[PDB]
Q: 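Entry of interest: L-able complexed with apixaban.
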Amino acid sequence: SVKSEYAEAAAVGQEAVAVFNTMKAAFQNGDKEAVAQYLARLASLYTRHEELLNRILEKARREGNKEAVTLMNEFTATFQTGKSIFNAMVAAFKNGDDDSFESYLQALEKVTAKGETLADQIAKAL
Ligand SMILES: COc1ccc(-n2nc(C(N)=O)c3c2C(=O)N(c2ccc(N4CCCCC4=O)cc2)CC3)cc1
């Protein structure tokens, strides 16, 4: 249902944010093993998140919920903007580029804040 998919997306989204924050703290402390394993976890969560939203969107469209469909389209563009920065961050880390990695973190952090706000809005709109 819209409700069971939404609740799972919320969990998956919260997990992705928490893992990102844990990964950031690890990096500032020079814990690279930890960092890479979180990158694998984050990418995984992002894929599961996209699949859930694609299903909620279809249900939102079918019930005529133009407000959710609009918000979900803003969240998804925002999410995909952040996901492009994440990809470059993974390519950098594997290349030993710490400086590039730190800059990507800050940028991703700021995109993430935009998605969090839109998340709060989607909750009220579905
Ligand atoms: C139908 O669509 C949604 C959308 C959002 C939710 N949802 N619910 C909650 C909650 N109940 O708290 C949360 C989310 C969520 O997705 N959150 C999040 C995930 C990922 C990002 N990122 C990651 C890096 C790239 C940028 C970016 O935006 C930002 C925010 C915040 C937590 C449910 C259903």
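Residue numbers count from 1 along this sequence. As the structure lists them, so they are numbered: ligands from 1, and atoms in each ligand from 1.
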Q: I need every copy of apixaban for my figure - which ligands or chains are they?
A: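 Counting all copies, it's at ligand 1.
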Q: Which residues form the binding site of apixaban when counting heavy atoms under 4.0 Å?
A: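 At that heavy-atom cut-off, the residues are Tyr6, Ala9, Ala10, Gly13, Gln14, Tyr46, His49, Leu53, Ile56, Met72, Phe75, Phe79, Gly82, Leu108, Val111, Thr112, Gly115, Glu116, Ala119, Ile122.
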Q: Give me the nearest non-hydrogen protein atom to atom 3 (C) of apixaban as residue plus atom name, then the distance to 0.1 Å.
A: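 Result: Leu53 CD1, 3.8 Å.
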Q: Show the atoms of apixaban that are less than 4.0 angstrom away from any heavy atom in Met72.
A: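 That gives atoms 1 (C) of apixaban.
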Q: How close does the nearest protein non-hydrogen atom get to atom 21 (C) of apixaban, and which residue and atom is it?
A: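 Result for atom 21 (C) of apixaban: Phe79 CD1, 4.2 Å.
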Q: Write out the residue and atom name of the closest protein heavy atom to atom 23 (C) of apixaban, then the distance separating them to 0.1 Å.
A: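 Here the nearest protein heavy atom works out to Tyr46 CE2, 3.8 Å.
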Q: Looking only at distances, can you tell me whether any N or O atom of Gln14, backbone or side chain, sits closer than 3.5 Å to an N or O atom of apixaban?
A: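 So apixaban has an N or O lying under 3.5 Å from an N or O of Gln14.
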Q: Should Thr78 be counted as touching apixaban, given the test is an N or O pair under 3.5 Å?
A: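 No.
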Q: Quick one: look up the protein heavy atom nearest atom 18 (C) of apixaban and list residue, atom name and how far away it is.
A: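 Closest protein heavy atom to atom 18 (C) of apixaban: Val17 CG2, 4.0 Å.
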Q: Who's the nearest protein heavy-atom neighbour of atom 15 (C) of apixaban, and how far?
A: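 Atom 15 (C) of apixaban sits closest to the protein heavy atom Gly13 CA, 3.7 Å.
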Q: So which protein heavy atom does atom 8 (N) of apixaban come closest to, and at what separation?
A: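 I find the closest protein heavy atom is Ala10 CA, 3.5 Å.
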Q: Can you tell me which residue and heavy atom of the protein come closest to atom 14 (C) of apixaban, and the distance to 0.1 Å?
A: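 The protein heavy atom lying closest is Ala119 CB, 3.6 Å.
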Q: Quick one: which apixaban atoms are inside 4.0 Å of a heavy atom on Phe75?
A: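 So the answer, numbered in order with elements, is 16 (O).
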Q: Considering heavy atoms of the protein only, find what lies nearest to atom 16 (O) of apixaban and give residue, atom and distance to 0.1 Å.
A: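 Residue, atom and distance for the closest contact: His49 NE2, 3.0 Å.
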